[PDB]
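Working notes, beginning with the structure itself.
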Amino acid sequence: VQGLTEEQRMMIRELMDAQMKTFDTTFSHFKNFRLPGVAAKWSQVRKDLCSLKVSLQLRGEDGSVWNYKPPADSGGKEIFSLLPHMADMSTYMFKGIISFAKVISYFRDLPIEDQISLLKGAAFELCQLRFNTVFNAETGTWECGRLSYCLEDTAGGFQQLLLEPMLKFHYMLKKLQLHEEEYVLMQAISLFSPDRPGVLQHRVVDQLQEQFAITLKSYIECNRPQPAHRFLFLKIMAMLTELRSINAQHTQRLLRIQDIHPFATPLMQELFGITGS
Ligand SMILES: C[C@]12CC[C@@H]3c4ccc(O)cc4CC[C@H]3[C@@H]1CC[C@@H]2O
Ligand SMILES: ClC1=C(Cl)[C@]2(Cl)[C@@H]3[C@@H](Cl)[C@@H]4O[C@@H]4[C@@H]3[C@@]1(Cl)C2(Cl)Cl
């Protein structure tokens, strides 16, 4: 129930309300998305693209199932086949994240230039945090309603996958068995990083972030006494630091792939600083 102040409990209520209003957990309104059709840069792009191999499944409302197994790298443009779809899913998630931020009072009250700077800085991280809540660790599958993204069983097993930092993050974060309140506090802490590029109100954003972190620390103290949740707050704060690193890494991968194979949606260009010229 509580153990927090009035301000902390209202802070959680507003974040949970924003999450409820802007997170389409069944992905019902993700429609009209593209599907894979029926010189030293490339070597790096090829290494970037095969770091995440997923099969894709569509369950029809009628009960039909479409299933897609991707191709192995044969030395050409077939490794780009899932990029338009993933760009459309990313764009759909980004829209939910932007709406999430905009209905938060602490975010509305910041200058619009800081809003844009914080969203540009954190949108990828909040997308990852939401994707973890639909991640099934036992089946290696992100269950997005009628869409499923299954990690391709590969030599090395579920331990070679954990070498990919994005996949280790999702498995490790899932192992913590966080509450909805803790996930949405992680989103706030990430969205309120005072040191994003181009932030002006460093002091205000830092004070807001510290309050979201203290609320999280206090929430864990009051509602998780079990020995398994010892240092849970510090584990969460270390995963947020890792997520920031994965954010920087995946931003470089994106810019390299985009350099030789353009695929970013207009909203992705806006968030990752691509002007169109
Ligand atoms: C995850 C990868 C880097 C990050 C890329 C990205 C990065 C941001 C984004 O909004 C969408 C996508 C889809 C393609 C992703 C890539 C597919 C393989 C590569 O590892
Ligand atoms: Cl890395 C990755 C891919 Cl690719 C998927 Cl399909 C999705 C794309 Cl649309 C966007 O990068 C985020 C997630 C995440 Cl984590 C999953 Cl696996 Cl859900």
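Here chain A follows the PDB entry for its numbers: 140-177, 196-434, in order, are the residues you see. Both ligands and their constituent atoms are indexed starting at 1 by order of listing. The figures here come from the full heavy-atom set of this structure, side chains too, leaving out hydrogens, waters and symmetry mates.
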Could you check ligand 1 and tell me the drug name?
estradiol
Which macromolecule here is the main partner of estradiol by heavy-atom contacts, as listed in UniProt?
Nuclear receptor subfamily 1 group I member 2
Hey, could you tell me which residues sit within 4.0 Å of estradiol? Heavy atoms only, please.
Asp205, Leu206, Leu240, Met243, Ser247, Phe251, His407, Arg410, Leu411, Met425
Out of all atoms in estradiol, which are within 4.0 Å of some heavy atom of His407? Include the element for each.
1 (C), 3 (C), 4 (C)
UniProt domain (most residues in contact with estradiol) of chain A:
NR LBD
Does an N or O anywhere in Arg410 fall below 3.5 Å from an N or O of estradiol?
yes
Does estradiol approach any residue of chain A that UniProt lists for hyperforin binding closer than 4.0 Å (heavy atoms), and which?
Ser247, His407
Which organism is on record in the entry as the source of chain A?
Homo sapiens
Quick check on contacts: which atoms of estradiol are under 4.0 angstrom from a heavy atom of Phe251?
10 (O)
Number the atoms of estradiol from 1 as they appear, then name those within less than 4.0 Å of a heavy atom of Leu240, with their elements.
14 (C)
